[PDB]
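Lab note: Estrogen receptor, estradiol bound.
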Amino acid sequence: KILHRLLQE
Amino acid sequence: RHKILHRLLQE
Amino acid sequence: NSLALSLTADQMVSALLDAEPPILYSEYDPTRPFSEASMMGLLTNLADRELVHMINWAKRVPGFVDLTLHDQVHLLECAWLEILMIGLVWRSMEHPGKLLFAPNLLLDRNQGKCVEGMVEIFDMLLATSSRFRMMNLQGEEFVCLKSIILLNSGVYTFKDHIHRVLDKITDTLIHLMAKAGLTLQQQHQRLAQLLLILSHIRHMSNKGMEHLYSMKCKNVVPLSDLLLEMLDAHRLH
Amino acid sequence: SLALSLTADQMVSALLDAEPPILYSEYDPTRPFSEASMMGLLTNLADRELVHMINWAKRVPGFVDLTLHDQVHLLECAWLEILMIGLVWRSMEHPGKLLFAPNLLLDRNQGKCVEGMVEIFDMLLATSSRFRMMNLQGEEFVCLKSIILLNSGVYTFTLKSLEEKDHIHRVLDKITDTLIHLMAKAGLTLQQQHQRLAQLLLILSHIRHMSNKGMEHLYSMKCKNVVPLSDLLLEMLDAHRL
Ligand SMILES: C[C@]12CC[C@@H]3c4ccc(O)cc4CC[C@H]3[C@@H]1CC[C@@H]2O
Ligand SMILES: C[C@]12CC[C@@H]3c4ccc(O)cc4CC[C@H]3[C@@H]1CC[C@@H]2O
């Protein structure tokens, strides 16, 4: 998910 | 408006 | 001037305990398993009967009858499902993993599956029951929280009188926690913990109202005129 | 956990420092409003705000101690409540209007531009009015917003996966401590402190209600193809499974 990725970025 | 709630609240 | 504001904390606690509605039974027919229609039938038949007692209870909550009829109607229309739900969660607290709708209707989550879209709601209610159990929620605290829901849920869709009564119930909750031996820090932390659960109860009621609306539309079962009117107040149509 | 070792003053400082910026809308006063363009402006704005929200959440003490899956769940649950409380806060000093952005201030009549919207505007305006009545302070607002983040999804998440939750309750307790600290420093009596604490937390029930209604509204706009929603916004909406 995009949210998962942004929480990683 | 007629409402059963009215009737119950006025008992 | 409202008499409610003159009550001591002990007087408020006794009045709320005195006002408590009875615990009702479901049907004695032991036919299992349920169908979607038979389960929704029992649950809505029960809710309808409980609503009549809920109205009687509300009239005995200090401060409620000082409101106009219109304001009383508004608060009950807004809060009725939250109130049924917190009652269910309370009854269920001592039965981990089950929902005690009635003494002869104790259901687990698997039975939630009997009805389309229901197990998600059962899961939320069970989580709330578990949280109350782990907090060792007391009966005196429960009746305070239930009256708070009645007075609060509809108050922003309308004033000072209601807020003054809510303040009195807060004082009463803190009194109970002090009496139970909690430190000042423990009292405010617990007050916060309990009020935050009310957010979840609102969420469950909103989901439950959408679920009941879908059942009405599917013509799953016959709903009482009273139940239909309480559902219609939420304007899902 | 550093989060649990913070004093009340340090908690306040951390939350104030973490505050996201106030973004501008693409509003062009020359373009006549339509249902589509208004929903366009609001959802374009929400989408940009979501990126800042994600990075704000990372700075709320205790949040990054959680597993990634738990962080995802909490933001999926809370995002619209968080947008809403921010909007109500920005609007507090503008009675009767909602300050979506400094260049996008809307009143209830303008809400009628979009089907089903005015009822949601009215709820938001009432919350703004309530904030005004209570004289909500900035330090209190940031505490409430962090409570929404931590609380809204905490009851909808193995025994090992159960005490991920205990840490959340501990951080929530610290924020309660912080709210009480702010009120005591403001000169409120013990009785006034618990009364105000309850008044503030009861507003969260209303904010949950508004978010549930707003989520159904957004879902309706999607189904109707009123405007295209960003991929992020669609994902955040889909998490609610309407
Ligand atoms: C409203 C529902 C039927 C009646 C149910 C009930 C019925 C009686 C009661 O005491 C509590 C509840 C809570 C959950 C309710 C259900 C939630 C969804 C379902 O439609
Ligand atoms: C989600 C909605 C569009 C985006 C709106 C928004 C957009 C940005 C913002 O900061 C706050 C809000 C709150 C109300 C939201 C609306 C409620 C219903 C509507 O669909």
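Chains: lettered A, B, ... by order of sequence lines. Going by the PDB entry, the residues shown for chain A are 688-696, listed in order. In order, the residues displayed for chain B correspond to 686-696 in the PDB entry numbering, which applies throughout. Per the PDB entry, chain C residues shown: 304-461, 472-550, in order. In order, the residues displayed for chain D correspond to 305-461, 465-549 in the PDB entry numbering, which applies throughout. Just so you know, ligand 1 is whichever comes first in the structure, and atom 1 is the first atom listed for that ligand.
- Lab note - other chains with heavy atoms under 4.0 Å from estradiol (ligand 2): D.
- Residues in other chains coming within 4.0 Å of estradiol (ligand 2) by heavy atoms are D:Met343, D:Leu346, D:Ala350, D:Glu353, D:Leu387, D:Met388, D:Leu391, D:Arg394, D:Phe404, D:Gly521, D:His524, D:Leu525.
- In this deposit, the organism assigned to chain D is Homo sapiens.
- Below 4.0 Å from some heavy atom of D:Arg394 lie the following atoms of estradiol (ligand 2), by number and element: 10 (O).
- The shortest contact between atom 5 (C) of estradiol (ligand 2) and any protein heavy atom is with D:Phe404 CE2, 4.2 Å.
- Estradiol (ligand 2) places these atoms under 4.0 Å from at least one heavy atom of D:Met343: 20 (O).
- The ligand atoms of estradiol (ligand 2) that sit less than 4.0 angstrom from a heavy atom of D:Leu387 are 10 (O), 11 (C).
- The UniProt domain of chain D holding most residues in contact with estradiol (ligand 2) is NR LBD.
- We find no covalent bond linking estradiol (ligand 2) to a chain.
- Among all non-hydrogen protein atoms, the one lying nearest atom 19 (C) of estradiol (ligand 2) is D:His524 ND1, 3.5 Å.
- The presence of a protein heavy atom under 4.0 Å from atom 2 (C) of estradiol (ligand 2) is ruled out.
- Protein heavy atoms are found less than 4.0 angstrom from atom 8 (C) of estradiol (ligand 2).
- Nearest protein heavy-atom contact of atom 15 (C) of estradiol (ligand 2) is D:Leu384 CD1, 4.1 Å.
- Of the residues that UniProt lists as binding 17beta-estradiol in chain D, those with a heavy atom under 4.0 Å from estradiol (ligand 2) are the following: D:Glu353, D:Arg394, D:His524.
- Every atom of estradiol (ligand 2) with a heavy atom of D:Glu353 under 4.0 Å away is listed here by number and element: 8 (C), 9 (C), 10 (O).
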